[PDB]
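The model presented next includes CB-5083.
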Amino acid sequence: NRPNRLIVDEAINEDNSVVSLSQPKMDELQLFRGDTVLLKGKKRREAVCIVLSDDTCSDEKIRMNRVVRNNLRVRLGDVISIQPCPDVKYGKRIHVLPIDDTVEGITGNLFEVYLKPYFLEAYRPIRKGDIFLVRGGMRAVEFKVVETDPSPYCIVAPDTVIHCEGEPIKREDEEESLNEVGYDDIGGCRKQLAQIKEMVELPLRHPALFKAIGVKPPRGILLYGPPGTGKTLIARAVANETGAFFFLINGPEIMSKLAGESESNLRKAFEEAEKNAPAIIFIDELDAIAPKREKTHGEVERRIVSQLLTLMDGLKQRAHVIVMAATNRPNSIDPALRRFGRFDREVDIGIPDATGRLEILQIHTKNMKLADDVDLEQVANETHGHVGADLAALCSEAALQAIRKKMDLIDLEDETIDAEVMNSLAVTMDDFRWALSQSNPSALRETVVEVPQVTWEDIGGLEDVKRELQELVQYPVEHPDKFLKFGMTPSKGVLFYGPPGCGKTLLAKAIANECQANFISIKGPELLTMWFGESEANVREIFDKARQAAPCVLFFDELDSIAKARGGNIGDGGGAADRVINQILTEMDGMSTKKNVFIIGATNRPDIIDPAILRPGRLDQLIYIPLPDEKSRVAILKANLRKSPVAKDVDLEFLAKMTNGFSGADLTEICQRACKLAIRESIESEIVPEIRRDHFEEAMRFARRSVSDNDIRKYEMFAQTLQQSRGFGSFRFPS
Amino acid sequence: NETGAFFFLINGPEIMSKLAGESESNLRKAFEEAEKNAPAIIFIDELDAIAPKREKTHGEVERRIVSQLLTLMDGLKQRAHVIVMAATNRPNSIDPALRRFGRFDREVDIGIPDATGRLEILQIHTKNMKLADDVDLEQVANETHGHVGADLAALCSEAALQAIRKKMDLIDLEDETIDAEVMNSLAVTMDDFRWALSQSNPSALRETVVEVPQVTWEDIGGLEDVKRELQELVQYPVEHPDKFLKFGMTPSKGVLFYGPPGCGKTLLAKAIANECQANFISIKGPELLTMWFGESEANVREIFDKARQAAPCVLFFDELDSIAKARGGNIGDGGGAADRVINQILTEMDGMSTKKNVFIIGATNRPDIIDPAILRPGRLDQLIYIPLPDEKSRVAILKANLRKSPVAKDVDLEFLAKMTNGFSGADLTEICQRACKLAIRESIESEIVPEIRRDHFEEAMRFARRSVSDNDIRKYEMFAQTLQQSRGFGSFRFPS
Ligand SMILES: Cc1cc2c(C(N)=O)cccc2n1-c1nc2c(c(NCc3ccccc3)n1)COCC2
Ligand SMILES: Cc1cc2c(C(N)=O)cccc2n1-c1nc2c(c(NCc3ccccc3)n1)COCC2
Ligand SMILES: Nc1ncnc2c1ncn2[C@@H]1O[C@H](COP(=O)(O)OP(=O)(O)O)[C@@H](O)[C@H]1O
């Protein structure tokens, strides 16, 4: 079967011309890490690149870049043959010129100022009839060769000369512009984008197989998340890189036109897409199409909603059309649109984490050069409530300040702006310091679903809790098989209790990292808001988005907030049962045990917690979080001081030994007071940048202890209320 | 298709899709074109989208179309054979004027298939795709309970794409026409189905599950006192209808039993349903307390409606005292023990027919706060007490918990059940769970044995709780021979 062709996929490397393979790949073709490789394809064209060795990408797979996928005219799901080509090449004369589509506003020489600097120390090959793309110079421009030395023998070298004629040649329809959006342009959405690959690549890349088998492909995908998360360029990229006819309808334009032709327009949208098979239809605004919850107004609204329902219901085999849609909330859509055959597959995307946000900055700043002291990693750390469009706007906004701080002194007012100054436009760090000050982000109060960064290693002590948490949620995650072998269902959730300020939230975060699971935190105010507001559909989406992000962990902070607000143990004439806890009970009863979703309840007063939530099957597992011991207190001190200059003589072991009945909050305020004293001494001494032993010794005087002994006694009475290890302590079997 | 009748399908959204004025004409001419194709059959797919006459009250054309349908179905004389079937989600989501005589008199309610019902629905959708010798569809239809018939139809295809994707990467056969000599080798694997139940999010999860249980009286040991009265209280009117008309005694409408928590009240009700071969409907506490807080009290209407159409059925109310606990209990507020939800249940139970085989079972752990009116004769006059499991019944609880675990020969469950006396079913359950946890932990740590050993149970026996106190047993008994009263007339002699 000629075992030489392999499938093509996307490369995670950010390099321009780098091809990554697996370990048993170059050992068969006896090629080194800097040899010459020749690749072929359709249209009777060849290619040449540089093979790079990598053993971390995958097990047996070849990577392949975007700048050459369009150059060789290759699309996904195709076969590619690779063979070594040890041919000595040497370029002598070159002649490249850009296309008159991206050179607007550029004058003067442009060959000895951009092309010469980037060619050196690269030795990149080039074949005849190729459109390479280069990023930099505050723009995205390309060049095309029309006449040079006979192919091949093309090697870049500083000794090579170049020349120009002065007449750009327009591009044709055979090639595709690389300025559009592809898979490499998506940053942060890794797990969510991975799903669309296994749902839209089968029907669009292999049509004859679907008109051969009886499998019904999905007829609709609903994307989610707040505006700006990137629901549109995802749909445009999965169309641009799949060769499917992308047809965009926004959703407000349907209501923009007169009543009577709006239905006809999105009707004919479906037939014009069908004849362009394979096709892909994306509806940008859908909550503005079917808000069938409180509107109940407008004869044409229902007519358009039903017209869409009919157009998507009659999606038989016929041709390959995929109808994706975007909206903000799951409940803001007509439930009749969620039926089978209209929207069966739903993918929810959200705010990218720090790692997800880091990869979204450089994609938007690849054109603007940075300085040696400008790092994008630290700027994606203090921001947590920024949507993907927020940072896209922030990059440009910093760019105007960067150019404004120099145009005042340059004072070059003319009709046409010379292209010899963009090379000197380097952004500074102060350009970004102002960027996070006046920028007001949109998505700030939402469910942050991110994997934490706190592990068990950075938590000292608490071996008693470490051992039971690891055997209660980690075992069903890392060893599913040993549970079916023993016929034991995993526990649904655990509620732990303890004095305030002892790290219950951090413990839940740490157990999420051990299982490599997502983490969702619901604090007290979010739980008590729906109690006062009499709006109790909010737990529905909480439990919905907790289960779609499998595997996840659900954490409820200060669960006793409603009981405290109602009175507690007695309060009013009623008991300890309310409506919000009832909704949580209903949602937990209906969950599937085979899923890896896990609910963790945190409380400081477990005596006022409703007994029904602790019933077996919901939160039967109760563990007690005590005060940190000597080993765990050092961890709290060093976590607080990990960002501060600590002197060598400042011994944290002794400080943690001295404080015994101290909570995490008590150590936190000790560290904060020491830092305040150090800052004040540094400020007053100006008229030293190191925290000294005296700072901690003096701040140790105002040492509080917020947790009293009576509290520890009342928590214990609760603890071996449920321990009861009496009676059957000594048992001997007969034989 | 199998009756040779002209099938004409109208969805229901297409009526609202077209302009106002011809939509009425289209579903009008739909009826005459069906009549001349006699015999005919008309099915309306979306009907809740046609007549949502409960909260809409908006749109002149909506009422016009609803009335046009009412006129088209009212004028259904003999003439020709046309049958107008329709589909909708809820009974209350339909215009009540459509339920009149001559429009929709016959109603059939279908629901989620059970494990047996789901098993026969898999192979019909996978008859074309060949399976392996280790792929069994029975075990995959067991852990799923909230899957609609379309859910598994989608799941089969979804597993098919994974099955072909795991091999197309290595086959690497890219061409225009795909050869037919490879489908014969497309065999689905069990791992194709393991991933299928992970990312698939089912739709119907929070609904009334109406299925026949699988727990019988044989697997329940002991409880002969309750076995004898339950068998003579609901089984007799089901298996011997004639002996009741012969003796002129009406069957009891329902029985409420009480007992300490975690003793198997739900399992007892399930077992008595299998003995009578009757359907079982369970209503837990949260579903009862949701409508109390929500002030939405039409929910008991459909509960009692779907409990009576599935004749014969058994209706089970779990923790009936939930509303009383939420309101305070014996005293609580200035009010008594009467509320709105229990009032609706009383109204629905008073209006039921005794000749039907529907049966209501109430379960509670605090019968002192139960409203007295629900225990009035004719509604729940029969009260039976569920005690702690005895030695014979505790072995059943242990073996039910351990029926899926590797039990060693030396592990004697009879002795373990003998040792624990005042232990509830929950206490034995946590003992078994703790022993399984210890065995799993030892197996995991020993890797760096696949059998539960005697030591696992012996060590886990140390943390043996007893959640039910003696004061609780005393307070339940005070309630029990509160209503026993076998004094006074204990010795009677007739004259002759
Ligand atoms: C700033 C900080 C404040 C704080 C508090 C508090 N009431 O201020 C309570 C518990 C932990 C706390 N931390 C804290 N924060 C961190 C860590 C850490 N050490 C491990 C730990 C966790 C729970 C328990 C013990 C010790 N402690 C470890 O690395 C991540 C951040
Ligand atoms: C897992 C299980 C837990 C449990 C509990 C509990 N609070 O954990 C209470 C009562 C019965 C329980 N079962 C249980 N489950 C089953 C059976 C069975 N034995 C019969 C029985 C029923 C009620 C009573 C006695 C004994 N017991 C029998 O086969 C079906 C499943
Ligand atoms: N997750 C993301 N990855 C890459 N770019 C993004 C992302 N989210 C937003 N952007 C950028 O923000 C800009 C605005 O996106 P926008 O059209 O608001 O997305 P949507 O239509 O989904 O709200 C786009 O040009 C896009 O490049």
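Letters A, B, ... are given to chains in the order of the sequence lines, protein chains preceding strands, and every chain is numbered from 1. All heavy atoms count here, side chains included; hydrogens, waters and symmetry mates do not. In each ligand, atom 1 is the first atom listed, and ligand 1 is the first ligand listed. Excerpt of entry shown; contacts counted in excerpt.
All instances of CB-5083 together account for ligands 1 and 2. Going by contact count, the macromolecule most engaged with CB-5083 (ligand 1) is what UniProt calls Transitional endoplasmic reticulum ATPase. Every other chain with a heavy atom under 4.0 Å from CB-5083 (ligand 1) is named here: A. Filtering the residues that UniProt lists as binding ATP in chain A by heavy-atom distance under 4.0 Å from CB-5083 (ligand 1) yields A/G501, A/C502, A/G503, A/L506.
Residues contacting CB-5083 (ligand 1) within 4.0 Å (heavy-atom distance) are A/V454, A/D458, A/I459, A/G501, A/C502, A/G503, A/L506, A/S632, A/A635, A/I636, A/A639, A/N640, A/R642, A/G664, A/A665, A/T668.
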